[PDB]
A.B. asks: 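Here is a structure with chlorzoxazone.
Chain A corresponds to the first sequence line; subsequent lines are lettered B, C, and so forth. Using the PDB entry numbers, chain A covers 77-101, 107-497, in order. The residue numbers of chain B are those assigned by the PDB entry, with the residues present covering 77-101, 107-497 sequentially. Indexing begins at 1, ligand by ligand and atom by atom, following the structure's order. Any value given below was found using the heavy atoms of this structure, including those in side chains, with hydrogens, waters and symmetry copies removed.
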There are 2 protein chains.
Amino acid sequence: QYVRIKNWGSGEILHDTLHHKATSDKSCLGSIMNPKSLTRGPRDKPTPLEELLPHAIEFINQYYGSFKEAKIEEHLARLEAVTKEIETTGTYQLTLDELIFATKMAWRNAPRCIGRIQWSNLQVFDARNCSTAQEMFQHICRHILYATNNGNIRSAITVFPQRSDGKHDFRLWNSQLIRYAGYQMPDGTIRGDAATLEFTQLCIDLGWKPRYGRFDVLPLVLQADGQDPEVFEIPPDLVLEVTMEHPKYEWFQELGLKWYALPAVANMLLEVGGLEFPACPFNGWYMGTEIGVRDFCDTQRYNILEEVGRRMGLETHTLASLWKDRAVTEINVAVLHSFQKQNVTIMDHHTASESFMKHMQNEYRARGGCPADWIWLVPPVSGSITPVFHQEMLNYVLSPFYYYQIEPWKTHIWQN
Amino acid sequence: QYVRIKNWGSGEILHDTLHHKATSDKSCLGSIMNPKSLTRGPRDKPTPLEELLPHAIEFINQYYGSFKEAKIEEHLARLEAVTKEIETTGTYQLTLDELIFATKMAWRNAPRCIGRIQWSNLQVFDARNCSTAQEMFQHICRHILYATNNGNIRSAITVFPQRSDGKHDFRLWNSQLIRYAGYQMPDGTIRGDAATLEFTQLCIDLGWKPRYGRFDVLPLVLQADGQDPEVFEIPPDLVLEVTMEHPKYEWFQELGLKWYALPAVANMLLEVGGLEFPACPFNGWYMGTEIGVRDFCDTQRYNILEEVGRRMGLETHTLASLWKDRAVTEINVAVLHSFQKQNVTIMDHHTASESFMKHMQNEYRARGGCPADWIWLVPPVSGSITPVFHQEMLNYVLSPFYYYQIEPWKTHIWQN
Ligand code: HEM
Ligand code: HEM
Ligand SMILES: C[C@H](O)[C@H](O)[C@H]1CNc2nc(N)[nH]c(=O)c2N1
Ligand SMILES: C[C@H](O)[C@H](O)[C@H]1CNc2nc(N)[nH]c(=O)c2N1
Ligand SMILES: O=c1[nH]c2cc(Cl)ccc2o1
Ligand SMILES: O=c1[nH]c2cc(Cl)ccc2o1
């Protein structure tokens, strides 16, 4: 009938019925980073018609069923037209409106996103007519420019040509549009973003000139029509950055830290009505903790925690002193302070959490559920201090959906 | 063959093979508080022999297989003796050594416990010969006294008579041995521990005299041999408490806060070799965040966060100011400072996390795995600041195991 869901903070109860529309798929794979269930791999043959048509019809019904004032006439016509297109072409092209609807629903269906209250506010760039890498690059630049909007960040997505037979896939090898390089310096020490070590090397192996700095913006590695990836440097004028300053600690800027203002996922796949889009970069704005906690404090990243500790005069040699808790908060304060001062959009984790709670409440009232991955929705700091922590959630895959993809360099067949 | 497990912090890889010995058991029930899979309900008939014997043999093999220098001779004898006891009595009695081994293994197999590095260090009190509530009370007092040890906390467990036919179950109605009462005051305001509202009332409905205070230690509600529960007040001399003081904020003690030093689970069930023990209270020592973050800062608990905020002179009306992050840390500092000052055992969450990481490493080397519930192992604060956050985990039920039980007052048949 329905799964009961409880919020131990307010005591409120919710009835999840939306999970019934969930898709497919050896203990409980609880904290697995990239599970196969969330990954949509490559293909070497077109989608079997017996599979395509059913999913296509399913989607067309969802699209027309979303309207307040039904359009039965148009609905029936679309159903017939789509079927014919599949019969005569082996696939089908979404109408601009359908695609727009799809991108928003896929975001709406992203269990790991805390910013889904903004789901309906998304600019869509239709690049399904793209043909070359140079063209992809131009589209991406236009995207970055529009999204950055001089600090007033705007959520957007660029949709490239859908997968045909799987041999002509459009793909962005980057994990994110804007990302810093990681260098394995001569003196053994790691420089820049340690998480991009391998990818940085690949860029170098493709002709990119390494600048061996702490914040070197990596180039776009674009794969068009299944062909070999081309390297393109992102024009610096398009990469907006924020220099890190603390409202009280003047020595904070002496750290020489900064970060980009545009968080943009670049390697995911959009699934809709049986169709797959291997290239569809999208972006939103930052939530403070991503930079201050993950990027700056993870040991596998910039690992600046101990340094900020000493500077504060804390007992960095005694864990029980809770110096780490004290340091990380000041870094978070710095990140938020800097973005606000430099007029660049950002939201603290507390405001974000509440916003999601409101969204979830809205989703249950609208469709009886909201797919949520607790492990990702709970901030990397102040866990139980946020309401999301006390909220029971159900994680399930719907459609449309944004899937992970296998690393392109592991399945790509080089032309030369 | 084996499930691959990765630690994104150190990059280390682990091979889990232990999950193959997992037991039994509609989307992914990710953040469910009390799932049925972790609950072992009541019975009205003895364990079917066809089920009992197999589990019994399985356990006896595990027990003897744990020894370094094997005791094949004794092993075979025990196997035969257990079988006969079941044939002639319909069940079997564990030897003291077996039970001791069982309690430690069940703890070792608790996916939600961060303190499992101490698994082998556990005192066992055999109360399987208990008969009356008064006797249960005496055993519990002895437990509390031994465990408290004048602040030098010691982990212990008291094992009551195993379930026979399910109609003569020994049960502790309390969720924890020591817990504060929650009163629904006349002026509408909640007083004490808001989480014990319902249970507090039940105690009152059974003859307990409410003292309407902020920290009133609830009485023991004991059920012996399936009979009606009796109320027993815990002797105050046995309840050690810590008054909350801040190392710098002198106004902190003006808050009049305090907490008990003994964390003891009282309502869980021990499953071993087909046998079930509905009453087996156990305890360890506190990890700071349980008191400072959950008990003191949860809105459904003492909710002292805003109060500590103003006292600090923070912008408690602006979420983005991160006042909550600042306040909660000082409370955590207070809790740790007070326990240490009053010589009462306690461990901060950072030291606890590392300790578990070492344990997990030890478990994979010893038996190729360690059942872990990421959602419970990650501290309520400083999530990603701890190593546990970046460690992938596999959650599964082994045997022996500590299961949850259905609330006794919901299935109990009152005598009069
Ligand atoms: C408007 C502001 C937005 C905010 C503040 C936001 C924030 C977040 C955060 C904090 C995460 C976790 C990232 C990580 O830990 O790696 C996340 C994940 C995600 N978001 Fe959002 N998001 C926003 C917009 C978007 C948009 C526009 C889309 C899609 C059209 C979206 C799709 C997703 C997806 C698919 C994930 C999962 C990525 C992964 O698993 O690596 N988000 N988001
Ligand atoms: C030696 C110190 C110990 C520490 C610091 C420790 C700490 C913890 C913590 C932090 C939790 C989470 C509690 C919550 O959020 O409600 C937990 C859960 C648990 N612990 Fe430990 N523990 C210790 C000893 C023990 C012992 C001696 C046993 C068993 C013999 C044990 C069995 C468990 C079980 C079964 C749970 C789950 C309880 C539940 O799900 O409500 N722990 N422990
Ligand atoms: C192992 C663990 O799943 C991993 O480190 C996680 C958990 N929670 C997360 N939560 C978010 N938001 N983002 C992440 O990258 C992760 N990583
Ligand atoms: C809904 C959610 O599962 C619940 O609030 C949790 C999550 N994580 C937890 N973690 C621990 N250690 N203890 C808890 O009580 C909880 N509760
Ligand atoms: O903080 C953020 N903002 C984000 C926007 C996208 Cl699209 C993904 C992850 C994010 O993390
Ligand atoms: O902090 C703690 N210590 C604990 C000991 C047991 Cl047995 C259970 C939960 C605990 O939480």
A.B. asks: Every copy considered, what are the ligand or chain positions of chlorzoxazone?
C.D. replies: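 The answer, copies included, is ligands 5 and 6.
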A.B. asks: Give the name from the PDB entry for the chain that makes the most contacts with chlorzoxazone (ligand 5).
C.D. replies: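 It sits in most contact with Inducible Nitric Oxide Synthase.
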A.B. asks: Within the structure, which other chains come under 4.0 Å from chlorzoxazone (ligand 5) at some heavy atom?
C.D. replies: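 Heavy-atom contacts come from A.
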A.B. asks: Please list the residues near chlorzoxazone (ligand 5), using 4.0 Å as the heavy-atom limit.
C.D. replies: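 Sure - by heavy atoms, that gives A:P344, A:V346, A:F363, A:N364, A:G365, A:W366, A:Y367, A:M368, A:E371.
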A.B. asks: I'm comparing chlorzoxazone (ligand 5) with the natural ligand. Which residues that UniProt lists as binding L-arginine in chain A have a heavy atom under 4.0 Å from the drug?
C.D. replies: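 Heavy-atom check against UniProt gives A:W366, A:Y367, A:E371.
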A.B. asks: Please write down residue, atom name and distance for the protein heavy atom closest to atom 1 (O) of chlorzoxazone (ligand 5).
C.D. replies: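 Heavy-atom neighbour on the protein nearest atom 1 (O) of chlorzoxazone (ligand 5): A:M368 N, 3.0 Å.
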A.B. asks: Which protein heavy atom lies closest to atom 2 (C) of chlorzoxazone (ligand 5), and at what distance to 0.1 Å?
C.D. replies: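 Residue, atom and distance for the closest contact: A:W366 O, 3.6 Å.
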A.B. asks: Please state which heme b-binding residues recorded by UniProt for chain A are within 4.0 Å of chlorzoxazone (ligand 5) (heavy atoms only).
C.D. replies: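 Counting heavy atoms against the UniProt list, it comes to nothing.
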A.B. asks: Would you mind checking which non-hydrogen protein atom is closest to atom 11 (O) of chlorzoxazone (ligand 5), with the distance to 0.1 Å?
C.D. replies: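 In this structure, atom 11 (O) of chlorzoxazone (ligand 5) has A:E371 CG, 3.7 Å as its nearest protein heavy atom.
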A.B. asks: Using a 4.0 Å cutoff against the non-hydrogen atoms of A:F363, which atoms of chlorzoxazone (ligand 5) qualify?
C.D. replies: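 By the 4.0 Å cutoff, the relevant atoms are 7 (Cl).
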A.B. asks: Which atoms of chlorzoxazone (ligand 5) have any heavy atom of A:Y367 under 4.0 Å away?
C.D. replies: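 Those of chlorzoxazone (ligand 5) that fall under 4.0 Å from A:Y367 are 1 (O), 3 (N).
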A.B. asks: Based purely on interatomic distance, does A:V346 place a nitrogen or oxygen under 3.5 Å from a nitrogen or oxygen of chlorzoxazone (ligand 5)?
C.D. replies: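 Not met; the criterion fails.
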A.B. asks: Taking only heavy atoms of A:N364, which atoms of chlorzoxazone (ligand 5) are found under 4.0 Å from at least one of them?
C.D. replies: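 Near A:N364, the atoms of chlorzoxazone (ligand 5) are 7 (Cl).
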A.B. asks: Looking at atom 9 (C) of chlorzoxazone (ligand 5), is any protein heavy atom nearer than 4.0 Å to it?
C.D. replies: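 Within 4.0 Å: no protein heavy atom nearby.
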